[PDB]
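Summary heading: complex between quinupristin and 16S mitochondrial rRNA.
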Amino acid sequence: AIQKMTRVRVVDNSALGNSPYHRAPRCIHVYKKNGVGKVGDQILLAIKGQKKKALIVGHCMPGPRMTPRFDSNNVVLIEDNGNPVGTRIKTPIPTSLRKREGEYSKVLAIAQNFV
Amino acid sequence: XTXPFXX
Amino acid sequence: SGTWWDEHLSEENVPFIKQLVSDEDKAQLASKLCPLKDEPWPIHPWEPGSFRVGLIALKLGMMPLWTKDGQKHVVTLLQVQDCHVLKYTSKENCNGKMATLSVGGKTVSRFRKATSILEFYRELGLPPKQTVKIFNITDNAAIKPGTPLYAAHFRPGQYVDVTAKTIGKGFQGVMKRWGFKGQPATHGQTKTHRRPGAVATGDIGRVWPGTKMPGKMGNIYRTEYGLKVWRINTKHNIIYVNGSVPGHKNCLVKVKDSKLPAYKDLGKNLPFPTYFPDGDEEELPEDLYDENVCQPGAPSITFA
Amino acid sequence: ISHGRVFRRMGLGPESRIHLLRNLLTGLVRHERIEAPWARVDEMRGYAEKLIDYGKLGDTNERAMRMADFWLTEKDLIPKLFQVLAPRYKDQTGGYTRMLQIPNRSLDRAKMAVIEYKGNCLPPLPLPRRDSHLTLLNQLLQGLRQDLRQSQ
Amino acid sequence: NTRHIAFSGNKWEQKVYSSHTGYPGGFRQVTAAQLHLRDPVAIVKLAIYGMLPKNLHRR
Amino acid sequence: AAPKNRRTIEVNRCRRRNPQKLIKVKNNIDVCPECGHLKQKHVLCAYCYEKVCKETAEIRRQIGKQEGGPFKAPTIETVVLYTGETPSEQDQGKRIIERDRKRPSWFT
Amino acid sequence: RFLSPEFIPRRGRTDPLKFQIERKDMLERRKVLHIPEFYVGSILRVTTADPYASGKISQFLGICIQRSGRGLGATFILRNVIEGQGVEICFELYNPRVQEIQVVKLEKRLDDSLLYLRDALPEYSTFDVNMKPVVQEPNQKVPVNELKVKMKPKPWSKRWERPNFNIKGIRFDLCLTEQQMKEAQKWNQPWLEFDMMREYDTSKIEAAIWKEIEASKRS
RNA sequence: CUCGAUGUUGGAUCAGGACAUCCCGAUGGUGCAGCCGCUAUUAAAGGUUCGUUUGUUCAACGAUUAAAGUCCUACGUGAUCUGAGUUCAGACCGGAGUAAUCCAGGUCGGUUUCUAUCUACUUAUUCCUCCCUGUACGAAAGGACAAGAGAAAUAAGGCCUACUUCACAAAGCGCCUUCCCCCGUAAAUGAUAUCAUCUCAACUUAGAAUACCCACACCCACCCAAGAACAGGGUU
Ligand SMILES: CCN(CC)CCS(=O)(=O)[C@@H]1CCN2C(=O)c3coc(n3)CC(=O)C[C@H](O)/C=C(C)/C=C/CNC(=O)/C=C/[C@@H](C)[C@@H](C(C)C)OC(=O)[C@@H]12
Ligand SMILES: [Mg+2]
Ligand SMILES: [Mg+2]
Ligand SMILES: [Mg+2]
Ligand SMILES: [Mg+2]
Ligand SMILES: [Mg+2]
Ligand SMILES: [Mg+2]
Ligand SMILES: [Mg+2]
Ligand SMILES: [Mg+2]
Ligand SMILES: [Mg+2]
Ligand SMILES: [Mg+2]
Ligand SMILES: [Mg+2]
Ligand SMILES: [Mg+2]
Ligand SMILES: [Mg+2]
Ligand SMILES: [Mg+2]
Ligand SMILES: [Mg+2]
Ligand SMILES: [Mg+2]
Ligand SMILES: [Mg+2]
Ligand SMILES: [Mg+2]
Ligand SMILES: [Mg+2]
Ligand SMILES: [Mg+2]
Ligand SMILES: [Mg+2]
Ligand SMILES: [Mg+2]
Ligand SMILES: [Zn+2]
């Protein structure tokens, strides 16, 4: 799944996110004891010569059976303590993110679609 | 003669 | 010289022998089905600290199971074909910490055995058995030989421990055996890709006993502890056990009550001897589940 | 390591092994007898049984025709097959070929075996005939057998 | 009555019987007290095994 | 790699004489009632197999010279006939071949 | 008649008692759940009871790519591209948290497995959720849409052009060159299909399965 | 000692050991209110990250973690590996020198042998989330420790019902199980020394087992989820 040195596409609508740049977003760290990153796990992402925390929406590996798989990876920006940068995410996201809504309440609120 | 043995 | 039976008889006589021995052993089993009509030993109730003789079963395969919360648990099916007791021993006769019983497993040909064990099985009254495993037990749980052990010896909501022989891989490399990192592939590695590399130091001048290196792996009696039962089916004498267990399919496995500190005292609600279906006021259902298992035929779950 | 592998490695590849046993089968089908190393005929026995099973379908089945065309290289034995061997075993469902171990090869000292379609023309083999019913033990066996029949 | 034997001094605490199983970390020492509690015969057994000569007749 | 001491004759003798290196004496032989020679249990009598093979080879020579070349395999059963025998009503339609000898004790 | 691809067991050896038990269990469940007949390439709509969702119910429509596994663990894959992004689900058709299945459309593709739709154009898998069930006559043959599919450029994941897959929906006449197809036919292994000891005859066990299904149904 | 040859640095694999403890454990003191910290005693069971340039060990830097410990093992380990430095034969530059040639000056490149004879050998922890709790403590600010519940990572041992690499089976990226403490101190009564004094005074307290294996000439031959051979299980 998501780990160090993985080209990710930011999905939310943010200037910092969708600003074109000669290098694509790349995961350089995951905040877990192991290097893999599953849904609902904070990671660290390099954009435009700086680095910010992020939260990965969905990975293209097969996790649990009926949990969704995405043909392309996804991730959304977020501040240190859970303040999302993007305003909304028109793309679908897993329902397994609102399980931890106690921490990602605003990220779940700014979403539209769910699968 | 070559560093080695025996390059 | 040494020979076998099939050679010194005729083709018209071979099926006769086959059907005769089959009838004989099946009649023995039918006769020993009911121990209460025989002379049973004194029965005692459960006490704290006491134990129960386990049994041995035959692994068929694996299956999924769902809870009421919808979460999954994989489960092994252990079958019990005959599983009769073979003998009893006294504490001061076996010179051990605790008394011991012996339980048999799979019924097999009476021809491919030794004369001593054949005589033992005859004087006991039953056919031969594949494995004859030993169970430590207090004296209060003394069970008579010639008694069948059915799947009702265990119940759901129960924790259990299972012992069996592992898969035989033969002589394998240090990597697959112990899980060493090995050596890289490219960058000039000359004939050193899966090697163990170093073994010991230079001053030691020797290799320590118990050092890891290639050898036979598997085909040893390994045990798993703390498993849990989800379902019992009686007519087939099969039991569920969570997770997985050692051994290949159709292998004989030993099963016993779990010995863990948390899973040791719960022995009052269960039969302290085995389950005797005869003599009971009622006959149990075909299958029986744990209360937190969605039963097939029930409606699909719908939270709130 | 292998557990449950039914095939065995024979030549320098899968193509090579199926070609080898194809030649063995093409030589066996016409002589309805052939001696060869034990393992080769062991694995080819099933191939031959399946081959006559698909030849039972007849000359009309394009599938079976293509299969026989592949398996037989002489192209003169598949009509022989459909017209002789399938009619020969039209009644039987199994036990089409007998396989018997024989002494080793002269110089190589390899274990060999002869395989032979049942109901051939050429002379039979010296098969192992089971001991006679007139023997002492067989007679005692028949004695208690008739005793049990009389009882029941 | 090897169980009811007595040392001179604090030997039960000061004396140590040491042995190496053969494996790394298999070096283990036990005081005479522990060794008596686990096996009352082993103390006198080892004492005699030491007094005796080191030939094959010792066994 | 290289040795360091010449291995002694007594240790070499123990090695090459241990029972693992010795030959197995096998109690798996008996006489064939037909020929009277000795044979392994599961193996056929070499003498009988040899004579059968000789007969098969000679009748193969005969059928080959009869067919007269390759790619002449017929699509019918075939039957052998020895001197002093007539074809049967059963095998009239089957191919027949002639042979200059008499029916042995074992072949039908 | 028609049999499901999960009642039949796998080539592996084991006691048929296992198969019998899992079969009677899935049939005791079939008495409740309908699992409307379908194939690969059919469009299915599924409703499931999820503990966290609006109303705790989840709807999903998608094309069936494959049906895998045997026994109770048997699953089917669904795929759908929405908002330009392609999602896939692996549904267990015996889980109790699935509420019901529905066949919006029933079709069969030339390719038994349709995992190449990942590299195919998104418009082939672009199916809307609001489309209603195409009602099919109660007793008719299965419609087989004989078509071919265009694909993304070569930078693929699975290398579909090889002959081991034995697939035909793709259009490699356009998607690649004569030279590349001639180079791909290198791996052609005719002895696979010409061999006769590897296949698995099913008539016996499928007949037994028909028997047991009829028995448990009428019982 | 070794020049009738004891093969280097760093790195890879494997790690063994000491404790002068980096983390986790238990205690005393504090210029310790609490969370934070400093020091000292005991504790070596267990663990001790990934990358950027550099040959690099070190060092600097980025992100982390409970931690990113010191050292010995022929500066452990080249009959297991690599050869990037150092570096024979070639060459350029700066300098020395008439020149040949040289510079612990740099710079590009530059073959790493062995069929094993003998000894030896070859089956449980930790972080995090929730109540404790905005509690005690603390002017406020700040802010727990215990007990309990849950979910995870690591290490070990196993498994194929999902999934995946695959397909009569083997494997992981997938699934299941994993239970004991540690001794330094703080306390009672009380004598030498009649108070007192935790006791190298007698005394009272906080203080491993269990589990696994277990019988035997039928045994030519065949099969095997057993296996290099031998061996082992089955042949009803
Ligand atoms: C920077 C040095 N590098 C690059 C040039 C050379 C690597 S080296 O150290 O291994 C080489 C061989 C041994 N040397 C010692 O200084 C040494 C120290 O202790 C010893 N030798 C004793 C032994 O090692 C015992 C062994 O039996 C000796 C062997 C196998 C020697 C074989 C022949 N090697 C030579 O003649 C080497 C001559 C030159 C190359 C020198 C100088 C450059 C320093 O290098 C060494 O001898 C070097
Ligand atoms: Mg920059
Ligand atoms: Mg590797
Ligand atoms: Mg080389
Ligand atoms: Mg190589
Ligand atoms: Mg070969
Ligand atoms: Mg790929
Ligand atoms: Mg010398
Ligand atoms: Mg030397
Ligand atoms: Mg210390
Ligand atoms: Mg500390
Ligand atoms: Mg060194
Ligand atoms: Mg070093
Ligand atoms: Mg060395
Ligand atoms: Mg080195
Ligand atoms: Mg180099
Ligand atoms: Mg260099
Ligand atoms: Mg210099
Ligand atoms: Mg080398
Ligand atoms: Mg070697
Ligand atoms: Mg892993
Ligand atoms: Mg006093
Ligand atoms: Mg006092
Ligand atoms: Zn003979």
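Order of the sequence lines fixes the chain letters, A, B, ..., with proteins taken first and strands second; residue numbering starts at 1 for each chain. Recorded method is electron microscopy, 3.5 Å. Where modifications occur, the residue is written as its parent amino acid or as X; contacts made solely by the extra atoms are not counted. Only a part of the entry is shown; contacts are counted within it.
Counting all copies, quinupristin can be found at chain B. Other chains whose heavy atoms approach quinupristin (chain B) within less than 4.5 Å: H.
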